[PDB]
Novice: 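Take this structure, written in structure tokens, and hold onto it; I'll ask about it next.
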Amino acid sequence: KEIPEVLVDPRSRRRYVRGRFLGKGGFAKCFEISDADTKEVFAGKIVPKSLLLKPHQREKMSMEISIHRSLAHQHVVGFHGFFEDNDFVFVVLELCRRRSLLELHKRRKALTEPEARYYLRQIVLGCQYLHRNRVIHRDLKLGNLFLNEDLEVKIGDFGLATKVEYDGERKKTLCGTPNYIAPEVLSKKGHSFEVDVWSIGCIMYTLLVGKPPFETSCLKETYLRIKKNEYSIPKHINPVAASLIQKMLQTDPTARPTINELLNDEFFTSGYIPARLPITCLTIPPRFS
Amino acid sequence: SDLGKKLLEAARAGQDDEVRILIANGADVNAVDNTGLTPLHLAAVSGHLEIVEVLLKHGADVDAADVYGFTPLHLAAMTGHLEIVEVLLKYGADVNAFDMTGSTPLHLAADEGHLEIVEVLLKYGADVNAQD
Ligand SMILES: CC[C@@H]1C(=O)N(C)c2cnc(Nc3ccc(C(=O)NC4CCN(C)CC4)cc3OC)nc2N1C1CCCC1
């Protein structure tokens, strides 16, 4: 019932002092934890084994760990290890000290295009790495796109992730409900890598427009709009960006750009990408050029 | 509505008279929004000197920390608002307050090239070797 003040990994011998509470992450309580020797600080995800009923929460825990630990990329949350005691599962992740795009979004709403471009490029590069390693994230959203001290995006939260095991595999099952539901998830047809492109589409819309593309006050109406592809890009959005949104937010998953084609859109290869975002960009709009 | 919410919006927008009215009508000067921004944060980051002063005179918490660990002084320093930096220090802002990167207002001011701010922070006791 009580979380240890010191976390001891039986395997690696590393010992971690439990620090400040960061919040719940689903079923997990999360804390800043510091290595007693090296003094490095990490984000610790602590999941009570009592909440790991064998169904969708347990093997989900194993899947997140299996997938995440196999990953290493500039734009993926660092995985630093996992271990357990009789009562808890402990996951040691990279502490992302500038929060997530959710916090940014709440403060800023619509970003400037150069900002969106800066963030989106990193999101796409990160997701390209996943796809090339046969991983679909399936739950990309503002809250799991973390920022480090350099305001580099780190893709986190692999709780809905799956590994494509063979070519042309159609996934039919998720161990939870994604934030942005792709049309093909609403359908019986199954789904694949294109669900991440859909979510990146939603994210790009939200970053540029300042509100989600489909969401209304009624889930039924929302789901209906998704399946009918009913959304509107405001007229002040620039054509290249608008066009790219339209390419991603299409019902037919085969009609969307692959992640590589997405990375290579005019939106990224032209238009300004700042060398640096000033730290003011977490709170107020920045001036450019 | 909630006077707190109204006071947050007025401090952001730089509405000097609205801020005074709301404060006279009992608005909580220490109201927080959904990322821990107080009226003082919002005024400070937006360069609203008059509102910063009004809030401080009425006992606004000078070292309130937002969801990033930013105090109003962090936000003023990073945006280059010298006069706001000065007044925050005058009301006893912690010149070595750490955000969640272990950065003080001096670190942030230096990184943004606001060198006049750096010199003022140094004048009021900023420690270059401050560490979390
Ligand atoms: C580990 C889980 C998950 C993850 O996967 N990673 C990679 C992660 C990396 N870095 C962070 N960073 C921080 C997260 C929260 C805070 C913080 O200050 N939180 C609150 C402020 C309001 N207060 C009343 C309660 C505490 C500071 C962080 O960095 C300094 N969080 C991460 N989370 C989040 C952990 C809670 C939700 C999810």
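The chains are labelled alphabetically, A first, in the order the sequence lines are listed. Numbering of chain A is taken from the PDB entry, so the residues present carry the numbers 38-326, in order. The PDB entry numbering applies to chain B: residues 12-143, in that order. Header entry for method reads X-ray crystallography, 2.2 Å. Atoms within each ligand, like the ligands themselves, are counted from 1 in listed order.
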Novice: What is the PDB name of the drug at ligand 1?
Specialist: BI 2536
Novice: Could you peek at this structure and say which chain has the most contacts with BI 2536? A name from the PDB entry would do.
Specialist: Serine/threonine-protein kinase PLK1
Novice: I'd like to know the other chains touching BI 2536 at heavy-atom distances under 4.0 Å, if you can.
Specialist: A, B
Novice: Specify which UniProt domain of chain A supplies the largest share of contacts to BI 2536.
Specialist: Protein kinase
Novice: What protein heavy atom sits nearest atom 8 (C) of BI 2536, and how far off is it?
Specialist: A/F183 CE2, 3.7 Å
Novice: Does even one non-hydrogen atom of A/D194 get within less than 4.0 Å of BI 2536?
Specialist: no
Novice: To the nearest 0.1 Å, how far is atom 28 (C) of BI 2536 from its closest protein heavy atom, and which atom is that?
Specialist: A/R136 CD, 3.8 Å
Novice: In the protein, what heavy atom is nearest to atom 26 (C) of BI 2536, and what distance, to one decimal place, separates them?
Specialist: A/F58 O, 3.4 Å
Novice: UniProt ATP-binding residues in chain A with a heavy atom under 4.0 Å from BI 2536?
Specialist: A/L59, A/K61, A/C67, A/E131
Novice: What are the identity and heavy-atom distance (to 1 Å) of the UniProt active-site residue in chain A nearest to BI 2536?
Specialist: A/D176, 11 Å
Novice: Starting from atom 37 (C) of BI 2536, which protein heavy atom do you reach first, and at what distance in Å?
Specialist: A/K61 O, 3.6 Å
Novice: Tell me, what does this PDB entry call chain B?
Specialist: designed ankyrin repeat protein 3H10
Novice: Can you list the BI 2536 atoms lying under 4.0 Å from a non-hydrogen atom of A/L130?
Specialist: 5 (O)
Novice: If you take the nearest heavy atom of each of A/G115, A/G62, A/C67, which one is closest to atom 2 (C) of BI 2536?
Specialist: A/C67
Novice: Which residue supplies the protein heavy atom nearest to atom 18 (O) of BI 2536, what is that atom called, and how far is it?
Specialist: A/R57 NH1, 3.0 Å
Novice: Run the contact test for A/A80 against BI 2536 with a 4.0 Å cut-off on heavy atoms, strictly below, and give the result.
Specialist: yes
Novice: Which residues and nucleotides from other chains come within 4.0 Å of BI 2536, counting heavy atoms only?
Specialist: A/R57, A/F58, A/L59, A/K61, A/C67, A/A80, A/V114, A/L130, A/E131, A/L132, A/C133, A/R134, A/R136, A/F183, B/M111
Novice: I'd like the atom pairs linking BI 2536 to the protein - N or O on both sides, separation under 3.5 Å - with distances to 0.1 Å.
Specialist:
{"unit_1": "BI 2536", "atom_1": "10 (N)", "unit_2": "A/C133", "atom_2": "N", "d": "2.9"}
{"unit_1": "BI 2536", "atom_1": "12 (N)", "unit_2": "A/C133", "atom_2": "O", "d": "3.2"}
{"unit_1": "BI 2536", "atom_1": "18 (O)", "unit_2": "A/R57", "atom_2": "NH1", "d": "3.0"}
{"unit_1": "BI 2536", "atom_1": "19 (N)", "unit_2": "A/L59", "atom_2": "O", "d": "3.0"}

